[PDB]
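In the model that follows, one finds zoledronic acid.
Below, read A as the first sequence line, B as the second, and so on, with proteins coming before strands; counting in each chain starts at 1. First listed ligand is number 1; within each ligand, the first listed atom is number 1. Note that these values count all heavy atoms, side chains included, but never hydrogens, waters or copies made by symmetry.
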2 protein chains.
Amino acid sequence: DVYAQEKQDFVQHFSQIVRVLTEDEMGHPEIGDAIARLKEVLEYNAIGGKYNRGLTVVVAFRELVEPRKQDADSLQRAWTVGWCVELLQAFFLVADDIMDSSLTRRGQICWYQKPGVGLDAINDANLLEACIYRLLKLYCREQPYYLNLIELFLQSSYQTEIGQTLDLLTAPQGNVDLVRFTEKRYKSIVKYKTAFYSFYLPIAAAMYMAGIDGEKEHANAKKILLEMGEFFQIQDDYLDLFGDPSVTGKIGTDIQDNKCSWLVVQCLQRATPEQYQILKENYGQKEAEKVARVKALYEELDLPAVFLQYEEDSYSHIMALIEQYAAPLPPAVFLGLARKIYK
Amino acid sequence: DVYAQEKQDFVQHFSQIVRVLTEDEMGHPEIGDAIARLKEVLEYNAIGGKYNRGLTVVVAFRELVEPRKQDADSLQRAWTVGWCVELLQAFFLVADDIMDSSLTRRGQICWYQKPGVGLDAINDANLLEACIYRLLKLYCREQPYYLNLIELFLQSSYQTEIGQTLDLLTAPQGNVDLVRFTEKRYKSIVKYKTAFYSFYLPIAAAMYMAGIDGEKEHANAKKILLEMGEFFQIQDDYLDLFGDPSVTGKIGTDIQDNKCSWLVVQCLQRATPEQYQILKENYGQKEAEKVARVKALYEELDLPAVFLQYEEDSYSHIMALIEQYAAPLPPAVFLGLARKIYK
Ligand SMILES: O=P(O)(O)C(O)(Cn1ccnc1)P(=O)(O)O
Ligand SMILES: O=P(O)(O)C(O)(Cn1ccnc1)P(=O)(O)O
Ligand SMILES: [Zn+2]
Ligand SMILES: [Zn+2]
Ligand SMILES: [Zn+2]
Ligand SMILES: [Zn+2]
Ligand SMILES: [Zn+2]
Ligand SMILES: [Zn+2]
């Protein structure tokens, strides 16, 4: 709702983002071809998603900053920082798709799978990251929260990369051991690989723009946001297998990639010794028939019902956390976010 | 000389860099496996080179900062920033080796070619980059030049990535057109992909630590340093084919990769129509025999003599630039650097 009434404004300002990231180098004709490539990278990879993470920055900003302080300049900066969060995302996702050997994202073929792109997409990804800091300097350098934002974005990237490292270490290709796939290990992975950048980052950014820089306030917001992020990633794992491809926009690879998925973790907690063997002999392999066998095992253990039940309980737990930790922040800030990810 | 008498101190402090990048997360046991991987990545990729770029930060710092200001804390920060420059390098080189499909670097197999690593090396690279900003905050946050350094390192990364984009765009695999390989195009590529981070970055960092933040001083230093960087990359292209592998530490790939090399550019300027055809039909292809044919064409046009002559003239041109632009900085600063890269 508040998102949907912020969305189209947010999307419309992507053109100025691309304009300014392209004309920032007008005085340097010799890099024209690189700048054109950057434009193409932006348009293929930063556009086409739902922009929920970036919109969260905008929504939270309007709810945290007093209206008489929300001038045209301040709003412009708010949706610039929103787009920076979308760029960070794009940076990680382009690399993630290479490393997960994925095929599609946002209903199109992954950038690196495009003929002519391939592993050059690695440098494309790094450029998207650099754009974040080009925008922060262009729009926010003179602001009191400038350094806070730079550090928030750098820290969030480090955390996410630690998370990705845990994700990849725990999922060695060609090497199946289910013993690694524990609940404790799972929660650590998704905290770092998803929860920080998808949920803490956007709200924290808006907070700093609102002059809310207190360690206590950020720790309290973080209590709620990291838990939401844990649920969001469990939902991402569920949908990787049971989601509707025309809705998700991407083909799942967790089983083939031998991932420490929430699904496989719950399977391990429930499987008989016989079922364990079936999982062991079919998981982490590229063969369609072996993947289908894993999915059948999941459905036979009613993991879809287990997920639906977990989602209800997670929702309740998170609402409890909001009651406890939202103050002094407007509860609407966390509620709007909760509404976006729960049904 | 001044490098060699700074070197072993510099190298010895890598252990503290690795210590502090590993114990910075003592309070977070759950990421132990990621931190161990980071250590392994650091030790395989930041160690084993000559450290000239990092040593330049240290050397320049000692020459720019008054001795009575060079306390134990300030020196420690100087070789921390030196190591940050080495980490930036490692970040770019790990990715560069994937994208150039290289085999060896620093006398060992490329990180990504190691069994068990592969394209996970992409995330490894990003972690090395993040380490830069972790160190800057840990050691320099309270310093007046803190933000100047953060921005210098981010800007240098952006420039280098623009350069890499130009390098890759100009070298489409399977698509040979020699018409793209001009002198004008070449100079632009190496300015951005090498000159900024290898020569401006280190000196600029030391300058900012010395409180030298003037736009005029940096532009003058940059006049000298970008020209040195252009020569250094031409030398890198020369050695890719005519260098001694046990000295260079890496196998060349420029011809196979269809690169806009200084060699191919000079060849194009000199080749008869018949030789042009020979180049056209053998360049940018993986076949050893076709590569050998290109090398023979280069030697037949005495490109090695052309390089040796160019190196002498470049040296003289750069010394002229130092006479003109070094002041108010100690000329030794640029001379020591020139001495390292010329013979
Ligand atoms: O399941 P992943 O963690 O790989 C994913 O959720 C991406 N991601 C990467 C880091 N955090 C999330 P995606 O399913 O979009 O490919
Ligand atoms: O020749 P490249 O530019 O690929 C190289 O010099 C690396 N590099 C990358 C950007 N600047 C320099 P290397 O020969 O070390 O592989
Ligand atoms: Zn993925
Ligand atoms: Zn992934
Ligand atoms: Zn997923
Ligand atoms: Zn290379
Ligand atoms: Zn290269
Ligand atoms: Zn080279």
Problem set entry | Ligands or chains of zoledronic acid | ligands 1 and 2
For this session: Give, per UniProt, the macromolecule that holds zoledronic acid (ligand 2) with the most contacts.
Result: Farnesyl pyrophosphate synthase
Exercise. Which other chains get a heavy atom nearer than 4.0 Å to zoledronic acid (ligand 2)?
Worked result: B
For this session: Please report which non-hydrogen protein atom sits nearest to atom 10 (C) of zoledronic acid (ligand 2), along with the residue it belongs to and the distance in Å to one decimal place.
Result: B/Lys193 O, 3.1 Å
Exercise. UniProt Mg(2+)-binding residues in chain B with a heavy atom under 4.0 Å from zoledronic acid (ligand 2)?
Worked result: B/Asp96, B/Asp100
Exercise. Is the shortest distance from a heavy atom of B/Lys259 to zoledronic acid (ligand 2) less than 4.0 Å?
Worked result: no
Problem set entry | Sub-3.5 Å N/O-N/O distance, B/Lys250 and zoledronic acid (ligand 2) | yes
Problem set entry | Geometric N/O contact B/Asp100 with zoledronic acid (ligand 2), under 3.5 angstrom | yes
For this session: Return a yes/no value for B/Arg105: is any of its N or O atoms, backbone included, closer than 3.5 angstrom to an N or O of zoledronic acid (ligand 2)?
Result: yes
For this session: Quick one: look up the protein heavy atom nearest atom 1 (O) of zoledronic acid (ligand 2) and list residue, atom name and how far away it is.
Result: B/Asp236 OD2, 3.0 Å
Exercise. So is B/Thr194 polar-close to zoledronic acid (ligand 2), meaning N/O to N/O under 3.5 Å?
Worked result: yes
Problem set entry | Element-labelled atoms of zoledronic acid (ligand 2) that are located less than 4.0 Å from some non-hydrogen atom of B/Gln233 | 1 (O), 3 (O), 6 (O), 12 (C)
Exercise. Organism of origin for chain B, per the PDB?
Worked result: Homo sapiens
Problem set entry | Within-cut-off N or O pair, B/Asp96 and zoledronic acid (ligand 2), under 3.5 Å | yes
Exercise. Binding site of zoledronic acid (ligand 2): which residues fall under 4.0 Å, heavy atoms only?
Worked result: B/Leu93, B/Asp96, B/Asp100, B/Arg105, B/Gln164, B/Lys193, B/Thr194, B/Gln233, B/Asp236, B/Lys250
